[PDB]
S.K.: 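Structure incoming, see below.
Heads up: numbering here begins at 1 and tracks the sequence. Order of listing sets the numbers, starting from 1, for every ligand and every atom in it.
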Amino acid sequence: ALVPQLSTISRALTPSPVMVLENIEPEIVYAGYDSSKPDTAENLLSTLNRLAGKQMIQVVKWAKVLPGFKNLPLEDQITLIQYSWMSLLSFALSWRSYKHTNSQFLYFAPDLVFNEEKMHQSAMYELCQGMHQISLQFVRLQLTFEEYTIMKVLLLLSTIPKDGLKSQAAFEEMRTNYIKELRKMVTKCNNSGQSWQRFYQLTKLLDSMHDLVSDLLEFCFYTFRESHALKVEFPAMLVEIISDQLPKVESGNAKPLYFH
Ligand SMILES: CC(=O)[C@H]1CC[C@H]2[C@@H]3CCC4=CC(=O)CC[C@]4(C)[C@H]3CC[C@]12C
């Protein structure tokens with residue numbers, strides 16, 4: 001007589017959150033690097049900024065379909081993306097470096113791979129070495145794609161306003177759920193000692209991104225404010241993001257969340 005509103009088939013066929021993360025992972029983006037131009041800081045940095053703007057367009061499309069993110073107030077979704085963008089892009093850079101070059105180079109894009117020489121020419125050498133160190137860590141830990149996709153969501157949820165989000169409870173719920181995903185993901189089959197040791201390594205890695213990202217942002221805000229004198233160009237997307245972030249971070253309104 002009445003139509004069952006529950007779908008057994010639907011629940012059974014719905015993919016796990018981890019499988020969804022794999023399904024929504026953005027496709028690789030090209031930098032549009034032109035080797036006919038000289039490899040001076042002005043050109044390399046402008047090209048990386050253009051690449052960043054293209055990558056952020058895809059990050060936003062990804063965030064729209066990230067399981068759980070839609071549950072947070074809109075204002076909070078926008079805020080987390082703005083506070084975490086540098087952590088997401090630098091972590092993804094190490095991932096590509098790890099997968100495409102065994103962490104021997106920094107794989108910004110298929111058409112723009114930095115070797116030591118480009119790192120020096122970029123005038124961002126020490127920062128490049130810092131992102132490279134994360135890539136090297138991926139090799140030591142043999143980071144898996146599943147672990148990486150969960151950690152990336154955790155990074156999106158790693159920095160919040162000192163004040164607070166519109167819904168701290170909604171945020172905590174999502175953050176706790178994804179930490180649970182990582183927790184289960186590192187569970188072996190049966191060996192708590194090894195399982196906790198790896199969870200510790202992964203969370204220590206996540207934590208280490210805050211100091212790296214702070215240094216990346218210091219340099220970013222610096223080149224941004226002196227873009228005219230330095231001739232470093234930024235695409236509309238980055239001007240929007242940085243114009244919002246710079247004052248908030250510099251006034252002490254960004255609060256990093258740590259595991260340790
Ligand atoms: C121009 C500048 O200040 C540099 C310093 C840190 C650099 C960013 C470092 C992380 C990064 C990784 C990418 O894969 C795309 C470009 C970005 C997002 C870089 C764009 C250029 C930045 C913002």
S.K.: Name the drug or drug candidate found at ligand 1.
M.R.: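 Recorded as progesterone.
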S.K.: Would you mind finding the main macromolecule in contact with progesterone (ligand 1) and telling me what it's called in the PDB entry?
M.R.: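 With more contacts than any other chain, that's Mineralocorticoid receptor.
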S.K.: Any nitrogen or oxygen of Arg96, main chain or side chain, under 3.5 Å from a nitrogen or oxygen of progesterone (ligand 1)?
M.R.: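 Such a contact does occur with progesterone (ligand 1).
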S.K.: Which one holds for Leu89 and progesterone (ligand 1): side chain close, backbone close, both close, or neither close, with close meaning a heavy atom under 4.0 Å?
M.R.: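 Within the 4.0 Å criterion, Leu89 contacts progesterone (ligand 1) through backbone and side-chain atoms alike.
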S.K.: May I ask you to list the atoms of progesterone (ligand 1) that are less than 4.0 angstrom from any heavy atom of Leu48?
M.R.: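 Within the 4.0 Å cut-off of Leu48, progesterone (ligand 1) contributes 16 (C), 20 (C), 21 (C).
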S.K.: As an exercise, identify every atom of progesterone (ligand 1) less than 4.0 angstrom from a heavy atom of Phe219.
M.R.: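 Numbered from 1, progesterone (ligand 1) contributes 2 (C), 3 (O), 5 (C).
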S.K.: What do you see: which UniProt 21-hydroxyprogesterone-binding residues in chain A have a non-hydrogen atom under 4.0 Å from progesterone (ligand 1), if any?
M.R.: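 By heavy atom, within 4.0 Å of progesterone (ligand 1), the UniProt hits are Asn49, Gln55, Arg96, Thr223.
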S.K.: Which UniProt aldosterone-binding residues in chain A pass a heavy-atom distance cut-off of 4.0 Å to progesterone (ligand 1)?
M.R.: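 Counting heavy atoms against the UniProt list, it comes to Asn49, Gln55, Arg96, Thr223.
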S.K.: Compute the shortest N/O to N/O distance between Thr223 and progesterone (ligand 1) and return yes if it is under 3.5 Å, no if not.
M.R.: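 Yes - when backbone and side-chain N and O of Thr223 are compared with those of progesterone (ligand 1), one distance drops under 3.5 Å.
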S.K.: I need the atoms of progesterone (ligand 1) closer than 4.0 Å to a non-hydrogen atom of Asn49, numbered in the order shown.
M.R.: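 This gives 1 (C), 20 (C), 21 (C), 23 (C) as the contact atoms.
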S.K.: I'm looking at progesterone (ligand 1) in this structure - which UniProt domain of chain A has most of the contacts?
M.R.: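 In chain A, it is the UniProt domain NR LBD.
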S.K.: Provide the residues lining progesterone (ligand 1) within 4.0 Å, heavy atoms only.
M.R.: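 Heavy-atom neighbours of progesterone (ligand 1): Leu48, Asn49, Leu51, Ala52, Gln55, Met86, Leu89, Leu93, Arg96, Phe108, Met124, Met131, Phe219, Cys220, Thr223.
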